[PDB]
Amino acid sequence: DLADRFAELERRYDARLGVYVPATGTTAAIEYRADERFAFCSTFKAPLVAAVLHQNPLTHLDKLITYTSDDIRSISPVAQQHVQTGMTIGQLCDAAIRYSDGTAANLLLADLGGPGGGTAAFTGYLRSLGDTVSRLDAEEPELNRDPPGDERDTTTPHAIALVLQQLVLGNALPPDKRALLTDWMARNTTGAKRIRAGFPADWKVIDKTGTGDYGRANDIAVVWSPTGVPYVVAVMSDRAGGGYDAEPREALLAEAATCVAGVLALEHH
Ligand SMILES: *C(=O)/C=C/N[C@@H](C(=O)O)C(C)(C)S(=O)O
């Protein structure tokens, strides 16, 4: 069975794997360690952008945020490029999702909750969606670095998939805001070797990845069948076995996603 297959992925990559695919009308939930905690890493950036979208008119996307080289304390490919001229809130959302820019995320946290109030306000957004489990406690890059077992800055596959479901396939956001979030995730540049690699080309995939220390590699996606049937897929992993500098394994994620896609695509008439 599928649990046994997921277990064999864990043995082969010397990793811990978490999977959740919510139940639908026609399919049972897929759950593997689904209530175990894993570090968010950059996956929180998706609901962060929704938080900012939700709380503000679309005109707030035009607001120019200025920052300095001193505020760049994490890998920030887009923020580095715009450091002299600043970035709009809209540009920051784009950067945060599509490049996993760490400075962009920190600046959106300040915008949501003020300095020192951002991680609490982000977690409160999750609470506002009925997620009592997830918590963010630090900003970038510290949130990627807590040890195995620390509950800070964690979610569960179950919790983050149900949030993403609300955001993309529910009514947590009005249509016009919902469309921006979905466009950004659709245009993501960092996920080609993860959930995307597991689904056939005629399935549509949107995603947000995360990567961190202790071999952490995550991806959260929404996928659409060739006839437009939607599913939410969360895959989380770590490799605590090799300590802080353990190599993350994207191919573990691609494999877990391929197992999911088999169950989702394979009909039985
Ligand atoms: C989102 O998950 C961002 C993660 N960043 C880390 C990474 O592995 O990409 C580091 C190493 C850059 S962390 O920012 O110091």
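For reference, positions follow the sequence shown, starting with 1. Order of appearance sets the numbers: ligands from 1, and atoms from 1 within every ligand. Technique stated in the header: X-ray crystallography, 1.9 Å.
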- What drug do PDB records list at ligand 1? sulbactam (bound form)
- Supply the name from the PDB entry of whichever chain has more contacts with sulbactam (bound form) than any other. Beta-lactamase
- Heavy-atom contacts with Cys41 under 4.0 Å: which atoms of sulbactam (bound form) show up? List them by number with element. 2 (O)
- Query: Under 4.0 Å from any heavy atom of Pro141, which atoms of sulbactam (bound form) are there?
  - Reply: 13 (S), 14 (O), 15 (O)
- Task: List the covalent partner residue and atom for sulbactam (bound form); answer none if no such bond is modeled.
- Result: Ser42 OG
- Subset of sulbactam (bound form) atoms that lie under 4.0 Å from at least one heavy atom of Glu140: 3 (C)
- Item | Per-atom contacts, sulbactam (bound form) versus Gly210 - under 4.0 Å to a heavy atom | 2 (O)
- Among all protein non-hydrogen atoms, which one is nearest to atom 3 (C) of sulbactam (bound form), and what is the separation to 0.1 Å? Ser42 OG, 2.4 Å
- Query: Who's the nearest protein heavy-atom neighbour of atom 9 (O) of sulbactam (bound form), and how far?
  - Reply: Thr211 CB, 4.2 Å
- Query: Purely on distance, is any nitrogen or oxygen of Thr209 under 3.5 Å from one on sulbactam (bound form)?
  - Reply: no
- Hey, which atoms in sulbactam (bound form) end up nearer than 4.0 Å to a heavy atom of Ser100? 1 (C)
- Return the option from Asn144, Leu143, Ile75 holding the heavy atom at the smallest distance from atom 13 (S) of sulbactam (bound form). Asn144
- Query: What protein heavy atom is closest to atom 15 (O) of sulbactam (bound form), reported as residue, atom name and distance in Å?
  - Reply: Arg145 NH2, 2.7 Å
- With a cut-off of 4.0 Å on heavy-atom distances, which residues and nucleotides contact sulbactam (bound form)? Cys41, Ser42, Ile75, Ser100, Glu140, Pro141, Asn144, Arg145, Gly210, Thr211
Write out each pair where an N or O from sulbactam (bound form) and one from the protein are under 3.5 Å apart, with the distance.
residue: sulbactam (bound form); atom: 2 (O); partner: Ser42; partner atom: N; Å: 2.7
residue: sulbactam (bound form); atom: 2 (O); partner: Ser42; partner atom: OG; Å: 2.2
residue: sulbactam (bound form); atom: 2 (O); partner: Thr211; partner atom: N; Å: 2.9
residue: sulbactam (bound form); atom: 2 (O); partner: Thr211; partner atom: O; Å: 3.2
residue: sulbactam (bound form); atom: 5 (N); partner: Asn144; partner atom: ND2; Å: 3.4
residue: sulbactam (bound form); atom: 15 (O); partner: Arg145; partner atom: NH2; Å: 2.7

